[PDB]
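Entry below: contains calcitriol.
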Amino acid sequence: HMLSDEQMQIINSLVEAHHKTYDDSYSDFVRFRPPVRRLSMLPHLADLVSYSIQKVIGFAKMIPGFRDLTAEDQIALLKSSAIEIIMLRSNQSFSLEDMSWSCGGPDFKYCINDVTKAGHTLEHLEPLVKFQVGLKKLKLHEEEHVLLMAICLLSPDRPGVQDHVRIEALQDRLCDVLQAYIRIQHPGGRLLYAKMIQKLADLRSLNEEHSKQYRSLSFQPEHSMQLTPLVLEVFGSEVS
Amino acid sequence: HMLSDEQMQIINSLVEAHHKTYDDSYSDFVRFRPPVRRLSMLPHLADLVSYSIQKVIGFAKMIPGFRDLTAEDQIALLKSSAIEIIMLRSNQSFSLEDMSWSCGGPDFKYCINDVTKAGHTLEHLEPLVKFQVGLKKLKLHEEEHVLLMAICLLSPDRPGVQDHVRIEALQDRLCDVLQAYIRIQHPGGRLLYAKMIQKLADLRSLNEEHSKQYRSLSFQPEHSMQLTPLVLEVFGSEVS
Amino acid sequence: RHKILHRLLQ
Amino acid sequence: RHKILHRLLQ
Ligand SMILES: C=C1/C(=C\C=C2/CCC[C@]3(C)[C@@H]([C@H](C)CCCC(C)(C)O)CC[C@@H]23)C[C@@H](O)C[C@@H]1O
Ligand SMILES: C=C1/C(=C\C=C2/CCC[C@]3(C)[C@@H]([C@H](C)CCCC(C)(C)O)CC[C@@H]23)C[C@@H](O)C[C@@H]1O
């Protein structure tokens with residue numbers, strides 16, 4: 001009926017890690033190649049995603065137990081979940097009023113259409129928006145949102161993972177924290193945890209669908225040239 | 001005492017090719033990652049150079065005889081001279097009054113200092129400025145400036161070149177055009193041609209010095225990540 | 001392999 | 001070889 005001293009320490013860390021790596025002002029967006037509204041949004045969005053990947057890496061490094069993993073496993077986990085963590089973290093900018101990520105003014109307000117001018121069809125963009133709406137409607141506590149990102153990241157079932165025993169242990173340790181936080185600190189959340197886990201399944205599907213659209217982009221040199229080195233490397237299929 | 005019908009056709013082509021690939025308004029610069037004034041200028045300058053490389057490729061393709069070369073040779077020539085063509089073409093924005101490339105306002109006015117915030121020392125930047133001043137002082141006709149770029153590009157002595165017989169022929173054909181244009185159309189230019197050839201030698205030295213500073217950048221992943229795919233590929237040492 | 005260069009060279 | 005990733009992972 002009460003969160004342990006160890007469970008609250010890992011929460012403090014995760015919540016701080018997210019504050020260190022997520023800017024609510026989105027002031028760094030001016031440093032990206034400007035948005036343009038064929039495939040005009042690709043450069044801006046490629047920079048946005050590249051920037052976010054660096055942020056996700058910074059966050060990951062502060063996840064309790066992550067640094068204790070092999071460089072290989074760390075990479076296998078980041079490469080496989082990077083896009084999912086990005087999709088999760090963006091919910092914080094997503095707005096239900098307009099069904100779009102609002103990062104400031106007309107420039108950094110991203111609607112579903114903008115992403116279609118970056119090489120993605122509604123065949124994939126539909127589920128993503130639906131996902132954001134369902135995720136926003138959950139009205140997650142910051143503690144839960146953050147815990148969800150870290151649990152996503154430490155998923156055992158990822159291509160390339162070697163020590164899927166330690167990873168699952170770290171993830172289980174995290175799930176316990178989450179299930180306990182909700183039970184204790186979040187009224188009416190008796191059903192919440194289960195809904196959050198279902199969202200992880202959704203992310204797998206969104207991930208699969210993104211990697212397919214991205215594969216076409218990465219295979220067209222005229223488009224791939226618009227990406228960044230980090231994006232190409234992280235979303236690339238090179239094997240370590 | 002008069003330029004031939006064939007010599008003037010290749011001039012028309014080269015001068016048009018340059019007009020198609022060089023914007024005096026520099027209006028595309030707003031689409032690059034903004035300039036910042038460690039290594040803050042690297043992103044803007046990397047985008048500038050990447051953009052310029054695409055332009056140089058477009059120009060090259062229109063050089064009489066270039067398209068008739070092997071894809072390999074075309075690549076060997078572009079990879080080896082890209083930086084030299086960029087250094088040549090930038091003279092058109094360089095200004096003696098302020099000793100800097102002036103592409104519009106404080107933002108796109110590049111001084112020697114700006115480039116030092118992009119990974120280059122004055123140990124290399126000095127000769128480059130001196131080169132620009134000497135080049136500007138030559139007050140080249142557009143026909144000569146353009147001819148010089150095309151002769152630089154079609155230089156036989158480049159690493160990777162295979163058919164150095166046809167290349168030299170194309171270059172000789174070009175040098176003749178230049179020596180004849182100056183003799184006929186450019187008063188007091190009896191010494192000009194020779195001075196232009198010496199500039200090509202200068203470019204080799206500038207090229208050598210750039211590739212050394214660039215090698216350090218490309219070897220530091222935190223810096224290399226700020227480059228573009230095109231830059232990395234064109235200035236990279238992969239062998240075809 | 002110069003994928004971008006080949007491409008840009010039509 | 002993931003040169004950038006290794007790097008960013010301190
Ligand atoms: C990222 C963040 C943000 C938005 C994420 C978005 C909105 C635009 C469209 C995006 C970027 C989706 C695109 C389908 C991703 C495109 C990938 C690519 C074009 C490279 O193949 C995924 C996440 C979406 C803004 C802010 O919340 C920070 C967060 O960090
Ligand atoms: C290019 C063009 C222009 C300027 C070129 C410059 C000015 C800034 C500093 C530059 C870019 C030099 C840098 C040493 C190159 C840096 C290379 C890198 C940082 C990637 O290792 C070479 C040419 C110089 C502007 C315009 O004339 C178009 C032209 O096309």
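Naming: A, B, ... by sequence-line order, numbering from 1 per chain. Determined by X-ray crystallography, 2.4 Å, according to the entry header. Each ligand, and each atom within it, is numbered from 1 in the order the structure gives. Atom set for the values below is all heavy atoms of this structure, side chains included, hydrogens, waters and symmetry mates excluded.
- Looking only at contacts, the largest set of contacts to calcitriol (ligand 1) comes from what UniProt names Vitamin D3 receptor A.
- Other chains making heavy-atom contacts shorter than 4.0 Å with calcitriol (ligand 1): A.
- At the shortest separation from atom 23 (C) of calcitriol (ligand 1) among protein heavy atoms lies A:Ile86 CG2, 4.0 Å.
- Note on calcitriol (ligand 1): A:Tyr22 sits in its first shell, one or more heavy atoms being nearer than 4.0 Å.
- Polar contact with calcitriol (ligand 1): present for A:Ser93 (N/O pair, distance under 3.5 Å).
- The entry gives the source of chain A as Danio rerio.
- Measured by heavy atoms, calcitriol (ligand 1) lies under 4.0 Å from these UniProt calcitriol-binding residues of chain A: A:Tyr22, A:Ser52, A:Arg89, A:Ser93, A:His120, A:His210.
- Regarding atom 15 (C) of calcitriol (ligand 1), its nearest protein heavy-atom neighbour is A:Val49 CG2, 4.0 Å.
- For calcitriol (ligand 1), none of its N or O atoms has an N or O atom of A:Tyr110 under 3.5 Å away.
- Closest protein heavy atom to atom 7 (C) of calcitriol (ligand 1): A:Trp101 CD2, 3.4 Å.
- Lab note: contacts of chain A with calcitriol (ligand 1) map mostly to UniProt domain NR LBD.
- Closest protein heavy atom to atom 12 (C) of calcitriol (ligand 1): A:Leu128 CD2, 4.2 Å.
- Looking at atom 2 (C) of calcitriol (ligand 1), its nearest protein heavy atom turns out to be A:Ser90 CB, 3.6 Å.
- With non-hydrogen distances under 4.0 Å, the site around calcitriol (ligand 1) consists of A:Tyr22, A:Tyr26, A:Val49, A:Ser52, A:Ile86, A:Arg89, A:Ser90, A:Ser93, A:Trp101, A:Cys103, A:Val115, A:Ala118, A:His120, A:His210, A:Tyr214, A:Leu217.
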Would you mind writing out a table of all protein N or O atoms found under 3.5 Å from any N or O atom of calcitriol (ligand 1), naming both atoms and giving the distance to 0.1 Å?
residue, atom, partner, partner atom, Å
calcitriol (ligand 1), 21 (O), A:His120, NE2, 3.1
calcitriol (ligand 1), 21 (O), A:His210, NE2, 3.1
calcitriol (ligand 1), 27 (O), A:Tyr22, OH, 2.9
calcitriol (ligand 1), 27 (O), A:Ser93, OG, 2.8
calcitriol (ligand 1), 30 (O), A:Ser52, OG, 2.8
calcitriol (ligand 1), 30 (O), A:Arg89, NH1, 2.8

